[PDB]
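Summary heading: complex between deoxycorticosterone and Ancestral Glucocorticoid Receptor 1.
Numbers here are sequence positions counted from 1. Note that ligands are numbered from 1 as they come in the structure, with each ligand's atoms numbered from 1 the same way. Per the header of the entry, the method used was X-ray crystallography, 2.0 Å.
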Amino acid sequence: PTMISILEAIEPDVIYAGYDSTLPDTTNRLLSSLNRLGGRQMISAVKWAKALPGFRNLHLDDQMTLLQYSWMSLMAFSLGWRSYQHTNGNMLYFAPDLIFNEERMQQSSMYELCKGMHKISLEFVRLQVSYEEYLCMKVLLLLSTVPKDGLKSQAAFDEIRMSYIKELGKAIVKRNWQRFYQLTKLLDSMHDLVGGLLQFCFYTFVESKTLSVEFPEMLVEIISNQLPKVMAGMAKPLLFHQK
Ligand SMILES: C[C@]12CC[C@H]3[C@@H](CCC4=CC(=O)CC[C@@]43C)[C@@H]1CC[C@@H]2C(=O)CO
């Protein structure tokens, strides 16, 4: 089987938030639901990541570190893709039972960040990103935020990352350098957006009582590790372009 076949085969099914739409929206309900969904998606992401060629050969500590650093990037990018594929206009397709319009983006109290995530879908539109390109790009996001002090299997990581860069190149050819330049530019743009998402995430995590935002155990585990590392500057982006 081809590398791209495996990527297609291991791509998770769509996840539901478990939202009751008969009950009115509130800020707390929306954010807590977003978090419950985030937690479910991350359980699936762990499963997905563990099945990735090459990546599955890294020491397990490296596997969980990369997933932990890249969590927000992966989910924002997948959101962008879902919103492109299943929706049109200013709408975010978080889940089949949790779709945001202008109202819901406003009431979430993270309106500007919703618009930032929406920009990803607009870029998928403009560039006409193929499914195969998207699958390759998503893996690159898993491999694009690393601890500043390095990984256990650094040389192996570099090799794995290069192979998926080559995979992206194959996805491009199927259908050149200009497209590579453009798609890697889109990857780089995730870092600034994710910075904004993380600022708000940490705020809601800390202010959760006074606000009243619920987080699942899955996200509590991630955030309690990521809050200190990100705030302490331990995460380094691996950029394709000059900053
Ligand atoms: C973490 C977060 C709720 C969960 C989402 C995240 C943005 C990206 C994202 C995409 C999804 O498809 C599932 C939810 C999620 C992971 C939001 C950024 C701010 C927001 C909060 O801080 C709510 O407390």
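- Residues in other chains coming within 4.0 Å of deoxycorticosterone by heavy atoms are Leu31, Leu34, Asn35, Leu37, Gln41, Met72, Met75, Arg82, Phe94, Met110, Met117, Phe200, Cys201, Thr204, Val213, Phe215.
- The authors modeled no covalent bond from deoxycorticosterone to a chain.
- Among all non-hydrogen protein atoms, the one lying nearest atom 15 (C) of deoxycorticosterone is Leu34 O, 4.5 Å.
- Given atom 16 (C) of deoxycorticosterone, the protein heavy atom at minimum distance is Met75 CE, 3.4 Å.
- The entry attributes the source of chain A to artificial gene.
- Looking only at protein heavy atoms, the nearest one to atom 11 (C) of deoxycorticosterone is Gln41 OE1, 3.4 Å.
- Within deoxycorticosterone, counting atoms from 1 as listed, the ones closer than 4.0 Å to a heavy atom of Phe215 are 24 (O).
- By the 3.5 Å distance cut-off applied to N or O atoms, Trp71 is not counted among the residues near deoxycorticosterone.
- For atom 2 (C) of deoxycorticosterone, the nearest non-hydrogen atom of the protein is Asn35 OD1, 4.1 Å.
- From the protein, the heavy atom lying nearest to atom 21 (C) of deoxycorticosterone is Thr204 OG1, 3.8 Å.
- Summary of contacts: the protein heavy atom closest to atom 7 (C) of deoxycorticosterone is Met117 SD, 3.7 Å.
- Of the protein's non-hydrogen atoms, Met110 SD, 3.8 Å is the one closest to atom 20 (C) of deoxycorticosterone.
- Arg82 NH2, 2.8 Å is the protein heavy atom nearest to atom 12 (O) of deoxycorticosterone.
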